[PDB]
Chemist: 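One structure is given below, represented as structure tokens, and several questions about it will come after.
Index from 1, following the sequence. These values consider heavy atoms only, across backbone and side chains, with no hydrogens, waters or symmetry-generated copies. For ligands, and for the atoms within them, numbers begin at 1 and follow the listed sequence.
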Amino acid sequence: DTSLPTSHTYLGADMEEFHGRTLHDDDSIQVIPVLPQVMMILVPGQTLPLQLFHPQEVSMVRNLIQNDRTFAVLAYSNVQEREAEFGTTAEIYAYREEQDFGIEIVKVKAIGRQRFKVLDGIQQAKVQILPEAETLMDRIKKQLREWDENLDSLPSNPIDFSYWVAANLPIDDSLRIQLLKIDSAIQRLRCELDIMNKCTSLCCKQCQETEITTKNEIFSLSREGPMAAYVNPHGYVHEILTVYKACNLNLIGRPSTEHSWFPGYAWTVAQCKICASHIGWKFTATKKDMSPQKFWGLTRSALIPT
Ligand SMILES: Nc1cccc2c1CN([C@H]1CCC(=O)NC1=O)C2=O
Ligand SMILES: [Zn+2]
């Protein structure tokens with residue numbers, strides 16, 4: 001099944017689901033707290049799960065559930081210098097309250113809503129909400145067919161499809177930001193097709209020499225998409241692109257299934273042979289009656305396109 005990765009079941013069903021809808025207006029200037037450790041570009045309709053281990057973060061996120069459940073996800077240009085000029089609001093839609101070592105913990109799931117331009121050290125961003133072609137759709141929903149025949153799994157609005165594509169393409173974060181800056185769906189669908197056009201193989205960040213896999217190997221195991229944010233037990237948020245065949249990847253260890261992001265499967269660290277840096281995880285179903293038996297979930301972070 002493909003709902004289950006989207007469920008972040010590894011975290012826990014726990015308690016608390018918020019079916020409210022909180023949506024601002026066009027050219028509206030808001031004030032939205034920034035969560036200090038999130039460094040991931042987010043996109044309307046893109047899910048984000050978090051484990052907040054730190055008391056101040058665990059206070060703001062608690063006082064959010066009381067207010068609008070909505071915070072700001074910055075689209076950092078430099079990141080090492082909190083440089084950003086766009087972002088997307090996040091609205092919390094699940095929740096949890098744990099305790100481990102007398103540390104109060106908080107597990108949340110959020111979802112992108114609205115983009116915006118960027119106008120007690122919590123840090124609060126004043127933002128201008130930004131405002132919201134079947135031809136191009138076809139020509140994308142096709143060349144997606146030629147990458148994973150599986151691609152029912154795709155949205156129908158020109159405005160939602162364009163974000164699906166923005167979240168699921170293996171592109172430079174530079175390109176992700178370019179796509180968020182676009183103020184039109186048609187225009188956003190036209191940059192996408194021109195990006196899938198000039199795509200190629202993905203070399204590892206560190207040596208920039210060994211191809212590790214290609215666009216053609218990509219395949220979806222989740223309804224939300226081949227690409228997805230999953231969080232480890234640390235609290236670190238990983239961006240995981242699933243594929244069928246990755247070349248030049250040794251394996252370290254012996255399979256495990258604690259905290260597996262995909263129910264039913266087991267993971268094992270993989271390692272670039274060229275510089276030995278950890279590239280992601282190879283997977284292996286826990287039962288001989290599941291398909292595909294073995295796939296890879298690589299990290300975006302480790303992969304520099306050719
Ligand atoms: N237990 C442990 C300790 C240190 C790092 C990590 C883990 C588990 N994990 C990942 C592995 C892949 C998966 O599907 N689930 C996870 O959560 C990590 O990245
Ligand atoms: Zn390498």
Chemist: Provide the name in UniProt for the chain that contacts ligand 1 most.
Modeler: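 The chain with more contacts than any other is Protein cereblon.
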Chemist: Which compound out of L-thyroxine, L-alanosine, D-penicillamine, S-lenalidomide appears at ligand 1?
Modeler: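 Among those options, S-lenalidomide.
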Chemist: With heavy atoms under 4.0 Å as the rule, classify the contact between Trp261 and S-lenalidomide (ligand 1) as side chain, backbone, both or neither.
Modeler: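 Looking at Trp261 and S-lenalidomide (ligand 1), atoms from backbone and side chain both fall under 4.0 Å.
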Chemist: What other ligands and ions have an atom less than 4.0 Å from S-lenalidomide (ligand 1)?
Modeler: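 Within less than 4.0 Å, you get none.
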Chemist: Go through S-lenalidomide (ligand 1) atom by atom and flag the ones less than 4.0 Å from a non-hydrogen atom of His234.
Modeler: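 Contacts of S-lenalidomide (ligand 1) toward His234, numbered from 1: 4 (C).
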Chemist: Considering only heavy atoms of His259, which atoms of S-lenalidomide (ligand 1) have at least one such atom less than 4.0 Å away?
Modeler: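 Near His259, meaning under 4.0 Å from one of its heavy atoms, S-lenalidomide (ligand 1) has 13 (C), 14 (O), 15 (N), 16 (C), 17 (O).
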Chemist: Which residues that bind (S)-thalidomide according to UniProt in chain A have at least one heavy atom within 4.0 Å of S-lenalidomide (ligand 1)?
Modeler: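 UniProt-annotated residues with a heavy atom under 4.0 Å: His259, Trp261, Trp267.
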Chemist: Would you mind listing which atoms of S-lenalidomide (ligand 1) come within a distance below 4.0 Å of any non-hydrogen atom of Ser260?
Modeler: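 Listed by number with element, the hits are 13 (C), 14 (O), 15 (N).
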Chemist: Mind checking which UniProt domain of chain A carries most of the contacts with S-lenalidomide (ligand 1)?
Modeler: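 Chiefly UniProt domain cult.
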Chemist: Which residues, given by chain and number, touch S-lenalidomide (ligand 1) within 4.0 Å on a heavy-atom basis?
Modeler: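 At that heavy-atom cut-off, the site is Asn232, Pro233, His234, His259, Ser260, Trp261, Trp267, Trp281, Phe283.
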